[PDB]
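Tebipenem (bound form):Beta-lactamase complex.
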Amino acid sequence: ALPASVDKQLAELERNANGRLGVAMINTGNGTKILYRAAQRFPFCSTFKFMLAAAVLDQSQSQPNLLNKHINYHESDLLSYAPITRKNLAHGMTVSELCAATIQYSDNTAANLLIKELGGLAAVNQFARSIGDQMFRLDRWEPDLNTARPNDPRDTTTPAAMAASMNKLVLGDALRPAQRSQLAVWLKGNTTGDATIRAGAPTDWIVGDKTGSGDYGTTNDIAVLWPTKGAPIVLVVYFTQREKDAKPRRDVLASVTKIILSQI
Ligand SMILES: *C(=O)[C@@H]([C@@H]1N=C(C(=O)O)[C@H](SC2CN(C3=NCCS3)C2)[C@@H]1C)[C@@H](C)O
């Protein structure tokens, strides 16, 4: 749904910031949703890492050993944005520790290592289809999926699909309990999210999120919010802008969050 008061606010925000905004909020206490351009495709940038970590957790359900599998990667695997895999190069990392790094620091090497571990880009896509997500499409490895080009469907999803996937995985029954638990623990320990949905939410709430950004000033954040009263809320905000070199607008995401949460 889309209340008139939210519609006007978001449209003004979107226009003023010369961008296109995609929003999907699911309030799991009452089942109410707020949707704005929610069925349109947006470049997901690093937010895909949530779906990747979930796919690894799903794989772990039939391989109870997998999270503790030690990966001794090498310098050739290291990318420009890889702070945690860089830190642990000498000793390697477990798959669990790779999932934590790719969620909580957006480590690009950790992502590509986990894609390889799952069996390739199409394995992530098949995982998404297995939970009913028909829109998620991962087409490139890191760091090349950040091009975020106009009307390019590679490396995109819709806000509605991502929000429904986050709901099923974190708050519903798409994963077994230990796994779903683990996915939330990773999200709540995110270190990249202070300026985005967290900045728009009450200080007393707990936010677990995954950020992403890329060219075209693309600024994204997907979160589960734990309020002081009531059930958890899913919020996905995607935003992209006119020119390739536009600067990201993390404040826009914080403002979207203020607008949406005001309605709750
Ligand atoms: C993911 O979007 C991107 C990864 N993940 C990132 C993220 O932290 O969510 C960074 S993007 C980097 C953070 N940036 C800025 N923050 C301060 C002002 S500019 C740009 C990292 C590169 C993938 C697509 O590579």
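Residue numbering in chain A adheres to the PDB entry, whereby the residues present occupy positions 30-293 in order. What's counted below: heavy atoms across the whole structure, side chains too, no hydrogens, waters or symmetry copies. Atoms within a ligand are numbered from 1 in the order they appear, just like the ligands themselves.
Residues touching tebipenem (bound form, ligand 1) within 4.0 Å, heavy atoms only: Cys74, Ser75, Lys78, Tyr110, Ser135, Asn137, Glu171, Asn175, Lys239, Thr240, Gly241, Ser242, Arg279. Which parts of tebipenem (bound form, ligand 1) touch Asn175 is read off a 4.0 Å heavy-atom cut-off, strictly below it: atoms 24 (C). Closest to atom 21 (C) of tebipenem (bound form, ligand 1), if we only count protein heavy atoms, is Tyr110 CD2, 3.7 Å. The contact set between tebipenem (bound form, ligand 1) and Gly241, taken as ligand atoms under 4.0 Å from a residue heavy atom, comprises 2 (O), 9 (O). Counting atoms of tebipenem (bound form, ligand 1) from 1 in the listed order, those under 4.0 Å from a heavy atom of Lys239 are 9 (O). Protein heavy atom in closest approach to atom 8 (O) of tebipenem (bound form, ligand 1): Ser135 CB, 3.6 Å. Remark: minimum distance from atom 14 (N) of tebipenem (bound form, ligand 1) to any protein heavy atom is reached at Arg279 NH2, 3.6 Å. Of the residues UniProt marks as active site in chain A, nearest to tebipenem (bound form, ligand 1) with least heavy-atom distance to 1 Å is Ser75, 1 Å.
Residue, atom and distance of the protein heavy atom nearest to atom 25 (O) of tebipenem (bound form, ligand 1) are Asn137 ND2, 2.9 Å. Residues of chain A that UniProt annotates as binding substrate and that have a non-hydrogen atom under 4.0 Å from tebipenem (bound form, ligand 1): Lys239, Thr240, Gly241. Ranking the protein heavy atoms by distance from atom 9 (O) of tebipenem (bound form, ligand 1) puts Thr240 OG1, 2.7 Å first. For atom 3 (C) of tebipenem (bound form, ligand 1), the closest heavy atom belonging to the protein is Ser75 OG, 2.3 Å. Close approach of tebipenem (bound form, ligand 1) to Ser242 (heavy-atom distance below 4.0 Å) involves ligand atoms 2 (O), 11 (S), 20 (C), 24 (C).
Between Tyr134 and tebipenem (bound form, ligand 1), no N or O atom pair is found at a separation short of 3.5 Å.
The authors modeled a covalent bond from tebipenem (bound form, ligand 1) to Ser75 OG.
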